[PDB]
K.L.:
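For reference, this is Neuronal acetylcholine receptor subunit alpha-7 solved together with (S)-(-)-nicotine.
To find a chain, count down the sequence lines: A is the first, B the second, and so on, and within it residues start at 1. No hydrogens, no waters, no symmetry mates; every other heavy atom, side chains included, goes into these values. Header entry for method reads electron microscopy, 2.6 Å. Just so you know, ligand 1 is whichever comes first in the structure, and atom 1 is the first atom listed for that ligand.
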Amino acid sequence: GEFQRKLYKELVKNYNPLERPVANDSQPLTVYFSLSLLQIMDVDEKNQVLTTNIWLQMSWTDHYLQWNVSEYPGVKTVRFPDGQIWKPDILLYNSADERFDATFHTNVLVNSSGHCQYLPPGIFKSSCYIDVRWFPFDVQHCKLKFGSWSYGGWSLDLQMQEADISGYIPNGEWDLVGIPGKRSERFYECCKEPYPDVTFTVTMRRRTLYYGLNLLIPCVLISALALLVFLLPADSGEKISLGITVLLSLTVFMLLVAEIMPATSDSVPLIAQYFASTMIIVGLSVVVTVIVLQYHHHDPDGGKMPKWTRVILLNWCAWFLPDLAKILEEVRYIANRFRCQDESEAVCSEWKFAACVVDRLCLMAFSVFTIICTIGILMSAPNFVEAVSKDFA
Amino acid sequence: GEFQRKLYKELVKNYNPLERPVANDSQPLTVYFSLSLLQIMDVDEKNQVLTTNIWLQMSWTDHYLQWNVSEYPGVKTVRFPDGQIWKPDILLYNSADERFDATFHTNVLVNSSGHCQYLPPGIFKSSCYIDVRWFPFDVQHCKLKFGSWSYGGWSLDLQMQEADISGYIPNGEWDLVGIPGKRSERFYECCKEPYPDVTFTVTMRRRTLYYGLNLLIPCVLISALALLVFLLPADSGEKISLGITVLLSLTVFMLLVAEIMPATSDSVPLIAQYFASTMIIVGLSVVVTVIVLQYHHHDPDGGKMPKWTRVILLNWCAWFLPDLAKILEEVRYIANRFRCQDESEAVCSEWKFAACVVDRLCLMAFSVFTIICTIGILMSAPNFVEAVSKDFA
Amino acid sequence: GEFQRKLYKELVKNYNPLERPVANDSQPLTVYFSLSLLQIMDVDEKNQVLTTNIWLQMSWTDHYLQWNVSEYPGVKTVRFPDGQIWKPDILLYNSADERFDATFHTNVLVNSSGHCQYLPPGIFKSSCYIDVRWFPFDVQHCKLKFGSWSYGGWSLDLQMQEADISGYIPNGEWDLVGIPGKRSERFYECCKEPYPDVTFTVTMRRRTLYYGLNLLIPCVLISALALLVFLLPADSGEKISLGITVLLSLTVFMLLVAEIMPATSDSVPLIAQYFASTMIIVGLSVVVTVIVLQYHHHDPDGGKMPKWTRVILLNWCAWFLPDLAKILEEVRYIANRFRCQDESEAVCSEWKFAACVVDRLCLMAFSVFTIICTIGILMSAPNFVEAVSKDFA
Amino acid sequence: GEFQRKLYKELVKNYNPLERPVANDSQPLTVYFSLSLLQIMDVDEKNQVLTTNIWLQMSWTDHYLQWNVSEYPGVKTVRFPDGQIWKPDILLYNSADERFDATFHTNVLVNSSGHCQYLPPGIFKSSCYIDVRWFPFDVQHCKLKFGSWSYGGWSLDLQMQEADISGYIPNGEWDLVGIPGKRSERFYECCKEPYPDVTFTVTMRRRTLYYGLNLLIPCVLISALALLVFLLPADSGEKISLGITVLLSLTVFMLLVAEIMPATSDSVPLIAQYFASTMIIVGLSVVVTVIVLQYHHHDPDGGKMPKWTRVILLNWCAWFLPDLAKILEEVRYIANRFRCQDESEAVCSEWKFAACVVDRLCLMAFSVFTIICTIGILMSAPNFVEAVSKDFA
Amino acid sequence: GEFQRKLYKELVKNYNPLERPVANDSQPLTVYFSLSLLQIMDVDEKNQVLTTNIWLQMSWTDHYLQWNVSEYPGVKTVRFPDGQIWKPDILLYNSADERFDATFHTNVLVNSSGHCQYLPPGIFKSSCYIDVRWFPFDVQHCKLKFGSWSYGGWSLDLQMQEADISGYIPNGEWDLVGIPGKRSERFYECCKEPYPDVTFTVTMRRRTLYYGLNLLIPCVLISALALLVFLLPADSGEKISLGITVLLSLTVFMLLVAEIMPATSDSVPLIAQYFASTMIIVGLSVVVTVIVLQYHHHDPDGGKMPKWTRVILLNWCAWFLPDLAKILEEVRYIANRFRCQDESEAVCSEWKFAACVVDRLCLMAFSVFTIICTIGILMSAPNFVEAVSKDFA
Ligand SMILES: *[C@@H]1O[C@H](CO)[C@@H](O)[C@H](O)[C@H]1NC(C)=O
Ligand SMILES: *[C@@H]1O[C@H](CO)[C@@H](O)[C@H](O)[C@H]1NC(C)=O
Ligand SMILES: *[C@@H]1O[C@H](CO)[C@@H](O)[C@H](O)[C@H]1NC(C)=O
Ligand SMILES: *[C@@H]1O[C@H](CO)[C@@H](O)[C@H](O)[C@H]1NC(C)=O
Ligand SMILES: *[C@@H]1O[C@H](CO)[C@@H](O)[C@H](O)[C@H]1NC(C)=O
Ligand SMILES: CN1CCC[C@H]1c1cccnc1
């Protein structure tokens with residue numbers, strides 16, 4: 001209308017977007033900063049990037065953008081575009097986007113008292129440290145650090161307000177615990193001036209039902225199968241084939257959980273340590289079974305030829321467990337061959353007792369590894385039952 | 001021509017793109033908003049993003065862009081570029097594009113009555129919740145929420161019109177059910193002002209012929225093969241090899257359907273639950289067959305050594321199913337060895353009866369799992385026959 | 001020079017880029033539109049996008065950009081940048097690029113008669129329907145639809161000229177058949193005005209030598225191997241192992257041709273149907289061979305226990321194909337055991353006749369499937385020999 | 001300083017960036033164009049794109065940007081940004097970047113004589129034809145075609161200078177042979193005017209050490225293994241298992257070299273042809289061995305039942321290579337069974353002679369294929385020894 | 001305030017962003033350049049790109065942007081945006097980003113003495129040479145080369161300051177050793193003018209715990225298994241199956257370490273050389289075992305038929321290691337068949353002695369290869385223990 005046109009013509013007279021809008025130049029300009037989280041779009045562990053949907057919230061007071069409502073009846077607010085009035089230069093310090101600023105520039109809304117509001121939307125990709133040493137039951141804290149790039153403490157007085165989560169859309173993979181904020185003043189090598197800073201710490205907790213069904217069940221089944229092959233009597237066909245099958249299959253296909261983790265050499269997930277330990281154990285079992293099967297089975301003393309190992313093995317055993325007549329004489333000779341088969345079965349009994357001792361060693365080593373893994377994963381996080389109480393449902 | 005030049009010079013005199021074009025500043029400006037869907041370009045389930053081709057439709061009235069046709073004969077419309085006249089700031093709230101606005105800025109067409117039309121094209125990537133718990137027979141509702149970013153209810157009066165689907169190009173994968181819209185007023189933490197909003201709900205239904213041919217046929221064949229190996233008599237070579245082959249092959253290669261689903265731990269697709277249940281069953285079958293095959297086969301009472309299991313197994317069985325003379329005496333001894341072979345075959349008969357009881361257990365557990373899966377997938381969605389009536393064709 | 005400077009100063013006096021350059025405002029402005037194809041850079045079937053290198057060609061007449069050559073001797077043409085003169089807003093309607101306009105904005109060349117030429121280059125990604133139901137011998141027609149976004153029939157009079165292919169660089173994968181164009185007037189829901197439109201239909205034909213060598217040879221070899229295993233006598237070791245190997249290997253690795261096709265459930269490629277049919281046949285063969293091998297081989301009447309199947313099988317067969325004395329009596333008993341082995345071999349002969357009947361069923365079903373596949377692929381497209389005449393070379 | 005400010009104010013007086021800077025408008029403006037290659041960043045064969053790091057070099061003379069050094073003491077050069085003075089519109093015709101111009105716009109440096117230099121940097125992705133039919137010993141020529149888009153021969157007189165390679169950083173994969181340039185005038189369908197053009201042909205030669213160690217050694221080992229299995233006597237266990245293992249493993253895993261080549265059906269790499277030929281040969285060997293092993297082994301005349309094949313096989317062979325008494329009579333009968341075993345071994349000898357004839361056929365066919373492959377790859381390129389002289393080192 | 005507005009109006013009077021801000025035009029303008037590293041975001045070996053997060057630091061003096069604080073009380077600094085004052089054109093020469101400049105343009109802060117500071121943030125992708133010939137224990141030096149594009153030594157006097165690492169965030173994969181800088185003057189083919197340059201050399205050291213646990217343990221286990229199969233007696237079932245399993249599995253799956261390395265044919269990682277050598281050795285072992293197993297086992301002189309090999313093998317051996325009566329005569333004949341079995345076992349003993357000689361050859365060749373590999377990897381880098389002292393922890 002007429003009054004809106006007159007007001008817009010008046011307001012921009014002698015205005016300088018460069019100048020900071022304060023009545024007194026010696027005093028700071030208070031700016032209230034806050035955040036509104038709408039969606040956690042991605043939590044990428046390979047590159048360690050958290051991608052979120054966020055509305056910023058900046059509020060301040062402009063001294064020159066004031067008018068009297070009775071003189072311009074009907075108009076109570078005006079809106080200014082990006083390059084027409086002064087705006088704070090608030091940036092995310094720890095950004096991972098190719099462009100350092102990922103906010104869509106919308107209008108600034110001003111009312112009759114010169115109160116400016118600015119709520120730009122954006123999709124922010126920030127770099128945060130991802131820890132999967134406790135996978136799949138882990139809590140992640142990712143920081144978002146916002147601050148003015150070129151305005152010090154004596155010029156721009158940043159203030160913090162509590163973040164808004166009323167419009168949050170729950171994620172199917174991660175459960176939001178909270179998002180608290182902290183305001184602090186930092187000193188840099190640039191210059192002698194404190195710089196305010198506002199940091200929001202998004203805390204997420206994973207939902208373990210999908211990964212549970214995908215990994216825990218076949219992992220438990222494979223561990224039980226390995227326990228069986230440890231308990232299985234040593235034989236050529238079934239034992240060696242099953243051992244090599246478990247070894248190769250696990251060693252090749254277990255990387256489907258390693259492909260979701262970074263290569264950071266700060267710690268190891270407990271599931272990977274358990275896999276590696278059982279892998280070494282089953283490898284030792286298969287090599288020792290092959291040795292006791294094919295290397296030598298014709299004499300009971302073959303394995304115990306050194307006294308040094310013999311003493312320890314014995315201690316462990318004590319601690320744990322006419323012409324027609326000569327043709328019929330050739331029939332007696334094949335009977336003696338059956339007797340030699342009995343001798344070979346006695347040698348096999350001795351070597352199988354040794355192999356069962358080694359198998360019991362593999363067995364209780366594997367069970368101790370499983371026990372430490374499960375006691376670590378059960379009493380790991382405070383109020384762990386919550387997961388089984390909430391996620392498994 | 002001369003009149004077009006004169007009109008263009010006249011119209012921009014004293015014009016202010018910032019000012020809202022109304023005769024009375026105290027009354028809202030009515031804007032009619034609508035949509036035109038041309039193509040569903042992608043429905044990505046990994047990142048849960050719907051990518052579509054859309055023409056927006058905004059219509060309003062500009063008070064200052066009016067002229068008399070008799071004074072400028074021949075010219076009936078004018079066109080203005082992006083930054084020369086006032087345009088509504090209509091944005092998609094739930095956007096997933098790196099830039100928050102994905103519309104190509106075209107001209108605004110105005111006629112002699114000051115009626116402005118604006119039809120920008122665009123390719124919109126919006127985030128919507130994808131549910132595959134009913135895969136491959138699922139219906140997806142994805143929302144598109146459009147609204148003015150900085151104009152309240154008292155300034156911009158948004159109105160809704162029915163979406164246009166006359167130019168829709170059918171998709172080969174998804175069948176469009178409808179696209180209805182709803183206009184609602186929301187309250188935010190920004191300020192005391194209602195904000196109008198227009199939401200269009202694109203509803204799609206999957207076409208199951210491709211996935212049917214790709215998955216259902218080999219899945220049915222593999223399930224039948226598993227039924228066979230459950231019904232197959234317990235033996236060393238064929239039974240164990242087939243069981244381990246099914247286990248490993250299914251466990252490794254069934255992820256081709258998991259790679260098309262998100263990791264959201266809100267529910268589980270029924271096909272995955274059926275696969276996991278049959279997987280546990282076949283694993284139990286192979287371990288029990290190995291136990292009854294190699295652990296002990298020299299005595300019928302080997303398996304039934306505890307009374308606690310013996311009573312239950314018995315109840316289940318009742319409920320269901322000179323020197324030459326001594327050489328010829330050694331020939332009698334190998335005949336007695338054949339008799340011991342008969343004794344071993346009797347032990348094998350007992351152990352195979354036990355293994356067949358376990359196999360019947362595996363069999364009817366697997367059939368109950370298949371029955372619940374198929375009864376879930378058959379009577380799942382209302383008017384399910386439509387699929388077989390329309391898609392399979 | 002001096003005259004160029006004077007002319008450039010003169011020409012832009014009172015010029016309005018917004019105004020349409022016509023002497024009479026009541027008459028349309030004729031614009032000639034054409035295309036120049038240089039390279040088909042990609043034909044992506046997963047997302048169904050054709051990526052090409054194209055020079056547009058727009059020609060029109062500007063009424064105000066005229067001068068007298070005798071007054072400005074030496075200068076015959078001038079060039080204007082993007083935002084300094086009026087240009088048609090010609091867009092590709094069915095675009096798939098994230099930005100809806102993918103043309104590089106070059107200069108506009110004007111000569112002394114006010115004839116404007118505009119030849120912007122670009123790399124255009126357009127969405128076209130890809131049909132692989134006839135793979136690998138398929139012809140694809142992909143459309144490019146260009147038109148003015150905001151200028152109707154009464155304002156901009158679009159005209160079509162034949163496309164230029166003199167600079168085309170042949171592609172190694174696709175053979176260009178032609179690129180004809182058609183101009184048509186459309187009616188939209190926007191408004192009461194016809195809108196001209198120019199559509200160019202790029203027609204491509206695939207080159208089958210690479211895919212031929214990669215797929216046809218091993219596919220033929222595997223089909224011959226399957227024919228062998230169908231013709232092979234039923235036995236424990238070779239038959240079952242070969243059948244399961246073919247089944248698993250084909251079922252897992254045949255997806256290398258499915259990964260190049262979309263998931264559109266409109267039709268099925270004939271190669272996939274043939275693979276699925278032979279897959280079902282070989283699965284039935286392996287299950288029936290396992291049944292006749294291990295389920296029962298001790299009685300000839302085991303398989304024919306129901307009369308319903310017995311009658312049909314018989315009809316098919318008719319239509320197609322002292323103490324020392326007692327020890328030597330135990331030797332007679334093992335001779336009788338050899339006689340029982342002969343009885344078992346007779347049972348095996350009967351069961352193998354049945355299995356060979358089933359194998360002949362599998363065989364001629366597989367050959368009928370191969371016959372329909374090859375008769376479909378041979379007489380599919382008109383002038384098919386061209387391929388073997390031109391591509392295989 | 002004062003003189004720099006005065007000079008900058010003077011120089012832009014009455015300046016027109018649109019106008020071509022010549023004293024006489026009837027004469028062309030000579031522009032010297034050259035290139036400086038710094039790094040070959042990528043040579044992608046899948047999409048056939050060469051990505052390089054290049055500094056362009058344009059030099060010309062501006063008539064209006066001249067001054068007297070004695071009047072402005074101390075200032076000898078000035079610099080102008082992108083849109084403030086006239087610059088040639090030099091573009092890469094065969095570009096593959098989404099944006100058609102991939103140069104960073106830097107300043108233009110002018111000295112007291114009005115000599116303008118322009119050296120913009122850039123990363124250029126150009127489309128060139130990649131030929132791998134001679135892989136891994138191939139030489140690639142990729143073209144870069146630069147020219148003025150809208151300035152003809154009578155307006156802009158392009159000239160060529162030799163490219164600069166003093167700052168080249170050697171690549172680990174490709175060895176640069178040269179980069180010669182050629183200037184030529186072209187005629188287009190646009191209009192009646194010649195258009196100058198400058199084309200630089202980057203010539204690269206691959207380094208074969210990495211691919212040598214990765215592929216040649218295991219390929220040679222696998223070929224030797226196939227030669228062994230061809231020379232191995234026909235038997236059930238080892239022969240068939242080894243043949244099927246080689247077939248399946250090679251057929252599945254040899255695509256690691258096909259994944260680095262385009263699908264262009266213009267020619268075939270010799271390594272792929274050799275693989276396919278040996279693949280057919282070994283497939284024929286395994287099928288014929290299975291036939292001679294299990295189809296029939298009870299009669300020597302089984303294989304030679306038709307005279308047509310019998311004559312050729314014979315020609316090839318000629319050209320190449322009381323009650324106790326009756327029980328002991330049953331013992332004589334099992335001795336006769338051993339005699340029938342001898343008869344079966346004679347049949348096996350005949351069938352194995354036939355199978356060894358077929359194996360010799362497979363053997364020398366495979367060796368001829370290897371011989372043609374190695375004679376093609378040895379005497380393929382002129383001065384081939386250079387590779388082994390330079391790359392293998 | 002009033003004074004800020006007056007100062008901003010005053011400062012831009014007669015200002016020229018093009019002009020270099022010096023009081024004397026004949027003297028260079030000193031610019032201090034420095035860097036601040038915050039995070040090493042990626043070190044990509046496939047494309048050889050280092051992606052880092054960096055704040056640049058430029059400081060200089062502007063002659064015209066000076067004022068008296070007593071005249072403008074309260075204002076001590078002003079800030080200017082990108083295009084309003086003169087800024088150095090400092091670029092990264094060896095950039096790999098699609099756009100050659102990857103810095104976010106922030107404000108320039110000026111104080112009362114005309115001292116300009118400029119600290120733009122950015123994410124820089126620079127191309128550096130990645131060497132993995134010492135993987136996984138390698139030190140990488142990647143260069144960042146910054147300089148003025150169009151300002152020579154006589155105009156812009158670049159100076160270097162030590163980089164800042166006080167805000168560095170440690171990486172989980174790479175350990176930062178240092179980042180020293182060097183300033184040097186270069187001569188180009190452009191022109192006769194030295195050009196200053198500042199180069200920072202980021203030095204990183206890998207952390208080997210993750211890769212250690214992932215690769216070293218299974219590699220050691222597989223090498224031990226290969227040692228076993230070399231030491232295992234030659235037999236049909238276990239020996240050949242294990243050898244072929246190791247060969248195929250290693251040859252197929254060892255590429256998981258090759259996928260993290262470039263294809264540069266400058267050197268070979270020692271792990272790959274060791275794998276290839278053991279691969280050749282085990283291939284020779286399996287082929288020779290198959291030859292000695294199935295080719296000929298009926299005569300001890302079969303293998304030693306040429307004197308040339310016989311002499312060397314012997315030298316190596318010396319250097320290292322009524323009617324009833326005739327039926328019972330047929331029983332004597334099967335006893336003689338057992339004697340022929342003993343003869344065959346003697347032939348097997350001779351051939352197995354030969355095979356064990358070949359196995360010892362394979363064994364100590366493999367151990368020498370392992371010894372050279374481990375002695376290379378142990379005493380490779382100075383102060384190697386640091387890794388095991390710091391990384392393994
Ligand atoms: C606003 O306008 C009305 C009428 O002119 C006047 O009474 C009132 O005092 C004005 N308000 C201020 C703060 O001047
Ligand atoms: C438009 O022009 C004609 C002639 O000048 C006049 O008769 C008519 O009244 C005008 N229309 C309006 C609304 O003034
Ligand atoms: C162009 O200039 C010449 C000389 O001034 C004149 O003779 C000629 O008539 C002019 N052409 C036109 C169309 O006026
Ligand atoms: C440049 O300036 C000096 C002194 O004013 C004068 O002598 C000289 O002639 C001038 N050069 C030209 C080309 O005019
Ligand atoms: C700055 O202003 C004060 C008061 O006007 C004056 O005394 C002082 O000399 C001024 N400083 C300079 C360098 O002129
Ligand atoms: C309702 N709008 C859309 C989201 C924020 C809100 C708003 C309010 C005022 C200024 N900008 C944005």
K.L.:
I'm trying to find (S)-(-)-nicotine in this model - which chains or ligands should I check?
P.N.:
ligand 6
K.L.:
I'd love to know which other chains sit under 4.0 Å from (S)-(-)-nicotine (ligand 6), counting non-hydrogen atoms.
P.N.:
A, B
K.L.:
I'd love to know the UniProt transmembrane segments of chain B, N terminus first, that have a heavy atom less than 4.0 Å from (S)-(-)-nicotine (ligand 6).
P.N.:
none
K.L.:
To check your reading of the model: name the closest protein heavy atom to atom 3 (C) of (S)-(-)-nicotine (ligand 6), its residue, and the distance in Å.
P.N.:
B:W149 O, 3.2 Å
K.L.:
Which UniProt Ca(2+)-binding residues of chain B, if any, have a heavy atom under 4.0 Å from (S)-(-)-nicotine (ligand 6)?
P.N.:
B:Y188
K.L.:
Please could you name the atoms of (S)-(-)-nicotine (ligand 6) that A:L119 approaches to less than 4.0 Å, counting only its heavy atoms?
P.N.:
5 (C), 11 (N), 12 (C)
K.L.:
Could you check whether any heavy atom of A:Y118 sits closer than 4.0 Å to an atom of (S)-(-)-nicotine (ligand 6), since that is the contact criterion I want to use?
P.N.:
no
K.L.:
If I apply the N/O under 3.5 Å rule, does B:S150 come out as touching (S)-(-)-nicotine (ligand 6)?
P.N.:
no
K.L.:
Show which other ligands and ions come under 4.0 Å from (S)-(-)-nicotine (ligand 6).
P.N.:
none
K.L.:
Could you tell me the residue and atom name of the protein heavy atom closest to atom 8 (C) of (S)-(-)-nicotine (ligand 6), and the distance to it rounded to 0.1 Å?
P.N.:
B:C190 SG, 3.3 Å
K.L.:
Report, in ascending order of atom number, the atoms of (S)-(-)-nicotine (ligand 6) lying under 4.0 Å from any heavy atom of B:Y195.
P.N.:
1 (C), 8 (C), 9 (C)
K.L.:
In this structure, which residues build the binding site of (S)-(-)-nicotine (ligand 6) when a heavy-atom cut-off of 4.0 Å is applied?
P.N.:
A:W55, A:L119, B:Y93, B:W149, B:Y188, B:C190, B:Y195
K.L.:
Distances for all N or O pairs of (S)-(-)-nicotine (ligand 6) and the protein under 3.5 Å?
P.N.:
from                        : atom 1 : to     : atom 2 : distance (Å)
(S)-(-)-nicotine (ligand 6) : 2 (N)  : B:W149 : O      : 2.8

